[PDB]
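Take a look at the structure below.
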Amino acid sequence: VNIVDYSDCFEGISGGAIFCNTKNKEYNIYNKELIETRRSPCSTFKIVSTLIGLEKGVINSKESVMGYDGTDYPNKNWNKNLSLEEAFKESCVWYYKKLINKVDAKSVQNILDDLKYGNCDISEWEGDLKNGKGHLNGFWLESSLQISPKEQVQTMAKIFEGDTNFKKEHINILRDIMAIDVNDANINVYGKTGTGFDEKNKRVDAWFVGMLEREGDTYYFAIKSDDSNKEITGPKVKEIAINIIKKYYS
Ligand SMILES: *C(=O)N1C[C@H](NOS(=O)(=O)O)CC[C@H]1C(N)=O
């Protein structure tokens, strides 16, 4: 366990980072206090909800559809019968809400328990209804479910090293749709952003969680901001993560 200083890459934004190589057990941590603090996963939960949907047969492949009903949304890409791959990349809320609401709560509780997914608290299934967004809410979006960045890394490692009961076929679908292009062919990066605002504490929850493969070595990582500036989003924290990867993990 090495404490490290990645502040240069955060460019003034408050946050922390954790990278873990489970082969040679090297855990690199920037802002240990924050890395151990549980927060809403926001859209990073789509990593797990995709696997839940595959395991329960709600969806079956990166092509699978959820039966778009014509509802109007501001994001143009949400207004179509999009595939799993496109819903994941567009972070399409209605698709993932419809997917999870086809799964019984006890099945979800038991999967989160098995994964040790933070507090595993799905008690507020419908999410943070006081924000007015109605059915565009759920337990994973600034609601009852909370997970620390370290726990995110621990969960990703267990999934992608083959240490859960999820089917290998389903893990590979997830890997496929999580892959990102960082304009460096010598590292494979996979991840998912998340964005929320913690109304209680007046701070963002901005995430980028995933893994890095570079010649035999694999690093599981979570980068997290808790800045008070509402302009700090998941996508911005993903840029910070990419800078860290290129600087220190190339
Ligand atoms: C998930 O965090 N969300 C869904 C969507 N995409 O977020 S992302 O760009 O950080 O990946 C919009 C923000 C957020 C939400 N409000 O539901």
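Here chain A follows the PDB entry for its numbers: 60-309, in order, are the residues you see. Note that ligands are numbered from 1 as they come in the structure, with each ligand's atoms numbered from 1 the same way. Every heavy atom of this structure was used, including side-chain atoms; hydrogens, water molecules and symmetry mates were not.
The drug candidate or drug found at ligand 1 is named avibactam (bound form). Contact analysis gives the chain with most pairs under 4.5 Å to avibactam (bound form, ligand 1) as the one the PDB entry calls Beta-lactamase. The heavy-atom binding site of avibactam (bound form, ligand 1) at 4.0 Å consists of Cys101, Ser102, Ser150, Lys192, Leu200, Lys251, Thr252, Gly253, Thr254, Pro294. Those atoms of avibactam (bound form, ligand 1) that come under 4.0 Å of a heavy atom in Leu200, given as number and element, are 15 (C), 17 (O).
Listed by atom number, the atoms of avibactam (bound form, ligand 1) under 4.0 Å from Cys101 heavy atoms are 2 (O). Covalent status of avibactam (bound form, ligand 1): bonded to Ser102 OG.
Among protein heavy atoms, atom 16 (N) of avibactam (bound form, ligand 1) sits closest to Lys192 NZ, 3.9 Å. Of the protein's non-hydrogen atoms, the one nearest atom 8 (S) of avibactam (bound form, ligand 1) is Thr252 OG1, 3.3 Å.
Of all atoms in avibactam (bound form, ligand 1), numbered sequentially from 1 with element shown, those under 4.0 Å from a heavy atom of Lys251 are 11 (O). Listed by atom number, the atoms of avibactam (bound form, ligand 1) under 4.0 Å from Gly253 heavy atoms are 2 (O), 10 (O). In this structure, atom 14 (C) of avibactam (bound form, ligand 1) is in close contact with the protein, since a protein heavy atom lies within 4.0 Å of it. The shortest N/O to N/O separation between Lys105 and avibactam (bound form, ligand 1) does not fall below 3.5 Å.
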